[PDB]
Amino acid sequence: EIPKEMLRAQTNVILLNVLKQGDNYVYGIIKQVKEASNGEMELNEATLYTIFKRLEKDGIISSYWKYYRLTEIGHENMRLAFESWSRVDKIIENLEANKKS
Amino acid sequence: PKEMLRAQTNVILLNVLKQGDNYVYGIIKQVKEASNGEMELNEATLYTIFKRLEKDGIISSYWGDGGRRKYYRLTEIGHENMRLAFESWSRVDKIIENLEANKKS
Ligand SMILES: COc1cccc2c1C(=O)c1c(O)c3c(c(O)c1C2=O)C[C@@](O)(C(C)=O)C[C@@H]3O[C@H]1C[C@H](N)[C@H](O)[C@H](C)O1
């Protein structure tokens with residue numbers, strides 16, 4: 001099985017991409033994710049509330065009438081993160097190439 | 001963010017060891033070149049990371065041979081976790097792709 005700290009990191013990435021598709025409520029998020037995962041990924045409510053309280057605390061999402069939305073801070077951090085993980089991709093690719101030669 | 005810098009640092013170090021056993025100085029140099037100078041890791045960061053990885057059985061060390069250097073290696077458990085990790089992260093990418101596609105339809 002996969003490490004747990006890495007399982008949460010994966011779940012955070014997925015929830016944020018859902019909100020990126022559009023504002024959403026918990027039921028819609030778990031439903032959309034289950035379908036998008038061909039049934040394989042069943043998120044529990046309390047895991048989302050645990051995760052959503054933290055993202056709200058960090059200003060990454062906000063709520064309203066209960067819908068959740070990706071803030072402008074959230075959109076910005078998703079770009080930096082995606083670019084950072086891109087630099088990593090190249091570092092690893094450089095390591096492979098340098099190994100061969 | 002620090003937790004993302006360290007998570008990334010772990011992934012890079014683990015992939016170095018995937019490429020082959022190596023010693024700390026060689027690892028920092030290889031990463032420095034691979035990042036085109038962007039990532040210069042210090043000795044003490046690797047020692048911090050290698051203590052936790054070795055404790056969890058993800059790497060081990062041994063003495064290689066003029067002069068002697070302490071080499072580190074990815075255990076068979078470590079190779080397996082990298083397989084599991086790479087596969088899970090791959091499915092995540094597919095789930096997200098599905099979320100956009102499913103969105104329109
Ligand atoms: C939208 O990208 C992200 C946004 C936020 C966090 C993340 C990521 C991310 O994509 C990401 C990864 O893709 C990977 C990891 C990761 O934790 C994140 C994020 O946290 C971990 C990983 O390196 C392993 C082996 O554990 C596997 C995977 O890398 C992929 C691609 C690499 N080039 C390499 O092939 C690796 C083995 O698999």
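Letters go in sequence order (proteins before strands), and every chain restarts at 1. Keep in mind that the numbers below use all heavy atoms, side chains included, and drop hydrogens, waters and symmetry copies. For this deposited structure, the header notes the method as X-ray crystallography, 2.3 Å. Read the numbers this way: they start at 1 and go in the same order the structure lists the ligands and their atoms.
- Per the PDB entry, the macromolecule in most contact with ligand 1 is Transcriptional regulator, PadR-like family.
- Among daunorubicin, penfluridol, acebilustat, ivosidenib, the compound found at ligand 1 is daunorubicin.
- Other chains within heavy-atom reach of daunorubicin (ligand 1), distance under 4.0 Å: A, B.
- Given atom 36 (C) of daunorubicin (ligand 1), the protein heavy atom at minimum distance is B/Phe86 CD1, 3.6 Å.
- Atom 33 (N) of daunorubicin (ligand 1) has as its closest protein heavy atom A/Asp89 OD1, 2.4 Å.
- Looking at atom 6 (C) of daunorubicin (ligand 1), its nearest protein heavy atom turns out to be A/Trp85 NE1, 3.2 Å.
- The protein heavy atom nearest to atom 24 (C) of daunorubicin (ligand 1) is B/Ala85 CB, 3.6 Å.
- For A/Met6, every heavy-atom contact with daunorubicin (ligand 1) shorter than 4.0 Å involves the side chain, none the backbone.
- Residue-ligand proximity, A/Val13 to daunorubicin (ligand 1), at heavy-atom distances under 4.0 Å covers atoms 5 (C), 6 (C).
- The protein does not reach atom 29 (O) of daunorubicin (ligand 1) closely, with no heavy atom under 4.0 angstrom from it.
- Heavy atoms within 4.0 Å of daunorubicin (ligand 1) belong to A/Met6, A/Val13, A/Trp85, A/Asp89, B/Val11, B/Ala85, B/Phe86, B/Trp89.
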